[PDB]
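This file shows Peptidoglycan D,D-transpeptidase FtsI complexed with piperacillin (open form).
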Amino acid sequence: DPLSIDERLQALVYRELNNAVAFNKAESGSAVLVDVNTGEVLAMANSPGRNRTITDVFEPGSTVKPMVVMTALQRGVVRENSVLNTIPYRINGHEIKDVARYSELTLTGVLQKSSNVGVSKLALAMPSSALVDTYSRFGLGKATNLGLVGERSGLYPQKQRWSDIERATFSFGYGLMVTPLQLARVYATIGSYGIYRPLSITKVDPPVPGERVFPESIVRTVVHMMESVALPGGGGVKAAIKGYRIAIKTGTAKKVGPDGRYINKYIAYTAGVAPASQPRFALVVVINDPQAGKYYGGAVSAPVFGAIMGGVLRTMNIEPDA
Ligand SMILES: CCN1CCN(C(=O)N[C@@H](C(=O)N[C@@H](C=O)[C@@H]2N[C@@H](C(=O)O)C(C)(C)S2)c2ccccc2)C(=O)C1=O
């Protein structure tokens with residue numbers, strides 16, 4: 001009753017998640033929905049119910065990329081209209097390449113096409129501490145404190161010195177492990193334009209004072225850029241919702257084994273905020289080990305993200321902004 005969960009939104013999330021997990025023949029799926037102004041968890045669901053995926057840890061992969069662009073802008077490595085050389089290259093034999101090859105991309109392009117090359121060149125242009133600092137500001141490598149077992153088990157680098165390959169892979173979301181709850185908190189901080197708040201499972205009266213972790217102007221710039229992910233040419237186009245602008249990012253990660261080996265099992269993500277013009281909600285959707293033939297975030301997680309976010313916007317009577 002001081003519980004923040006809105007059961008209308010919980011039931012919607014559960015139903016859509018159940019359907020997506022079944023359709024993709026996946027092990028499981030999770031969705032976490034957060035009010036970006038208060039940190040209230042409005043919905044939090046695992047499918048199947050007893051697969052406690054919301055508190056399991058995973059490499060966040062390309063979902064970290066918006067923070068990379070924010071950091072490069074803050075440090076003056078790039079400007080709003082910058083164009084990056086995105087030609088694939090090598091680091092000591094390690095090949096850095098994108099799924100789709102481009103010789104150059106704008107910062108919007110880098111997010112739209114999810115360019116590993118583009119973000120890695122940004123990272124190598126900055127000290128190793130730069131992204132460590134930003135990810136930390138957004139709450140990665142800090143526990144969530146909702147009182148759920150597992151909440152605290154994420155892996156985050158405490159390293160003093162970094163190799164070139166480590167710095168690059170960090171920029172596209174490997175070499176650290178986070179829970180869906182931590183990722184939802186990142187995106188809630190994006191939706192607030194740089195105000196960090198802890199997640200709450202209990203009701204609060206707004207406004208809720210938070211911690212300014214990043215300038216409003218920078219976060220707003222990248223939120224606009226993320227709108228391209230949900231338009232034609234963008235990886236998350238299947239999340240698009242009629243009448244609304246959404247700001248999202250897709251991701252796909254190969255699962256790492258305990259000996260550090262990557263296996264042919266996938267984790268698919270879509271994380272974002274809506275409506276993009278003035279965010280009310282942050283949503284993270286994770287689909288664990290899809291087996292039905294598709295495994296990219298845009299194919300597997302983006303459709304259910306659109307169905308959930310669309311249902312939320314309608315239920316909460318949010319004014320169409322498209
Ligand atoms: C550190 C070693 N190691 C770990 C494994 N690994 C990795 O799993 N790579 C994935 C990757 O690059 N992931 C995405 C970030 O999420 C990019 N965005 C995706 C999206 O938007 O869905 C995309 C369009 C599919 S590519 C990938 C690429 C292609 C297919 C599946 C997964 C690495 O690359 C990597 O170096």
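For the single chain, residues carry numbers from 1 onward in sequence order. The analysis underlying the following values was restricted to heavy atoms, covering all of them including side chains, and did not include hydrogens, waters or symmetry mates. We count ligands from 1, going down the list as the structure has it; atoms in each ligand are counted the same way.
Looking across the whole structure, one can locate piperacillin (open form) at ligand 1. Shown in contact with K254 at under 4.0 Å from a heavy atom are these atoms of piperacillin (open form), numbered in order with element: 5 (C), 8 (O).
Every atom of piperacillin (open form) with a heavy atom of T250 under 4.0 Å away is listed here by number and element: 20 (C), 21 (O), 22 (O). From the protein, the heavy atom lying nearest to atom 22 (O) of piperacillin (open form) is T252 OG1, 2.7 Å. Those atoms of piperacillin (open form) with a heavy atom of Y296 less than 4.0 angstrom away are 25 (C), 30 (C).
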